[PDB]
Amino acid sequence: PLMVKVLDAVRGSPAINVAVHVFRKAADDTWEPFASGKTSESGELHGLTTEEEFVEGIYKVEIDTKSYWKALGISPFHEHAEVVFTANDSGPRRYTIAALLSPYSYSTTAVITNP
Amino acid sequence: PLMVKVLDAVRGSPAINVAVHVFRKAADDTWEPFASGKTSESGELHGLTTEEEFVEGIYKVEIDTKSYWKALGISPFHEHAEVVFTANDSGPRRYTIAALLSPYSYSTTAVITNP
Amino acid sequence: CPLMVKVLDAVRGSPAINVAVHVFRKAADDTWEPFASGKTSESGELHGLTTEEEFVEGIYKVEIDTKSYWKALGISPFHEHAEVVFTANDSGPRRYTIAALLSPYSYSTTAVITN
Amino acid sequence: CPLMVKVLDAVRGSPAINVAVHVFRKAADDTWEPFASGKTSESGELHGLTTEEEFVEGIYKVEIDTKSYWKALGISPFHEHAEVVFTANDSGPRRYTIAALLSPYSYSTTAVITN
Ligand SMILES: O=C(O)c1ccc2nc(-c3cc(Cl)cc(Cl)c3)oc2c1
C-alpha cells in the first residue's frame, strides 16, 4: 500500500540506494518512526508496510537526498525531500510517492489508486 | 526499447489515454513519423518499436498534452510536450521517457538502461 | 535581502498569491525554532524575511501552507504543506531564492543562488 | 514586454546564463517562422523579445539550446534542445513568462501569466 520511487535527473537513471524514512503523526503531535528502507537498483522501495498497519493518519515520507548525493561525492543543497500527507482517510488506498532529484532541486508527485 | 509513462499532477493518478507520436529525423532533416500509440490505464505506453527498428538517430517524442486536457474538459496552456534526443549512438539502450502533467506546466525525464 | 521565497501555481499558470510561508532555523537540540514568516504577494514573492546579520549559517526549513492555498481556490490537495529544508553556507553565493511550483498532487522546488 | 523567458539550472542552483533561445510563430502552412531570439542574461532572463503590437494570437514555439549550455559546462546532456509550444490567447492575461528548469536528463517548464 505504500511504494516510493526515486529517479536521478543528472544520470538519467533510477536513484539507487536512497534511504527513506516514513513517520506518522502521533496523538501527541510528535513524529513517530513508522517504516524505513532503501531504494533498489530500479529506484523502487517496496515492503515498507502492510494494509493492516497502514492506518489513517498524517504521514511524512522523508527521502534522504543529501545522503544520496554525498555518497556520490556531490555536495547538494537540500537536507532531504519531504512529502507530508493524510492517508487512508476515505478508506484504504495504494500510494506511490515518486521523486526526481537534482543537486539543487527536486520534484515529487503522488500516484494513488483504489484497490 | 522505448517506453513512455505519463502522470497527472492534478488527479494524483496515471495520465490515461494520452496520445503519443514519435518522429525520427530523416537524412533530409525533416521529421518522419516513426511510431505512435496511447497510454494505458497505468499511464504506460509499450510496444512502440523493436530493437531492430529503433536504430541510431534523433528522435522526437511528442506527448499530446492539449488533447489530453481538452478530453477532460480543461483548457491547458501547451500544445504538446516534446522530448528530442539522440538515441542508440553508443549502441542499443532502453529508454523510458516519463512526463508529469499540469494544465500550465509539465516535467519530463529520461530513464536509460543498458541491456 | 539574503532570502526570498517565490511560489508559482501550475494549475492556473500564475503566481501563487497570499500563500502563508514560515521559516524555521534548526536549534542545537534539533528542534525547529521560528525564524521569519509572511504571505506571498501578488507576484508570488515574499521579500523582507531576514537581514544579512540575522541569516547565519545553519539548517533552515521553509514551510509553505499549500493546503490552505488550494482549499481557498476550492481544490482538494494531497499534501499537508510543502517543506524545503536546506543548509545556508557562507562559502557559496550570497542571495538565496527558494522557488516552489505547486500542483494539487505534486510540487517542485529549486534554489537560485546568486551574488 | 508581453513575452519573457527565464531559464534556471537545477545542477548548480543558479540562473542558466548565456543560453540561446529562439522563438518561432506557426505560419498558415504549419511551418515555424522565426519570430525573435537572444541569449539569457546573468539573471537567466531574456527580455525585449517582442512588443505588444507584434505579439498576436497564435501558436508559438520557444526553443532553448540546452545542449550547448551543458556542453559549455563540460556536461554531456540528453536532449537536443528544450521546446515549449503554446497558444497566445488575448482573452487571458497580458504578460507571459515562460520559465524552464534544466537538468542534464530532465527539464520542467511552466507559464506565469499576469496582468
Ligand atoms: O518508470 C516508471 O515506472 C516510473 C514510475 C514513476 C515515475 N515518476 C516519474 C516522475 C516523477 C516526477 Cl516527480 C517527475 C517526473 Cl518528470 C517523472 O517518472 C516515473 C517513472
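Each chain gets a letter, A, B and so on, in the order the sequences are listed, and its residues count up from 1. When a ligand or atom number is given, it counts from 1 through the structure's own listing order. The basis for the numbers below is simple: all heavy atoms, side chains too, and nothing from hydrogens, waters or symmetry mates.
Lab note: most contacts to ligand 1 come from the chain UniProt lists as Transthyretin.
Modeled at ligand 1 is a drug that PDB records call tafamidis. Lab note - other chains with heavy atoms under 4.0 Å from tafamidis (ligand 1): A, B. Distance from atom 7 (C) of tafamidis (ligand 1) to its nearest protein heavy atom, with residue and atom name: B:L7 CD1, 4.0 Å. Residues flagged by UniProt as binding L-thyroxine in chain A that sit under 4.0 Å from tafamidis (ligand 1) (heavy atoms): A:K5, A:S107. Comparing heavy-atom distances from atom 11 (C) of tafamidis (ligand 1) across A:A110, C:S108, A:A98 singles out A:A98 as nearest.
Nearest protein neighbour of atom 3 (O) of tafamidis (ligand 1), counting heavy atoms only, is B:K5 CD, 3.6 Å.
Assignment of B:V111 to the shell around tafamidis (ligand 1) is not supported, since no heavy atom sits closer than 4.0 Å.
Applying a cut-off of 4.0 Å to heavy atoms, one finds the binding site of tafamidis (ligand 1) to be A:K5, A:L7, A:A98, A:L100, A:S107, A:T108, A:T109, B:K5, B:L7, B:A98, B:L100, B:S107, B:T108, B:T109.
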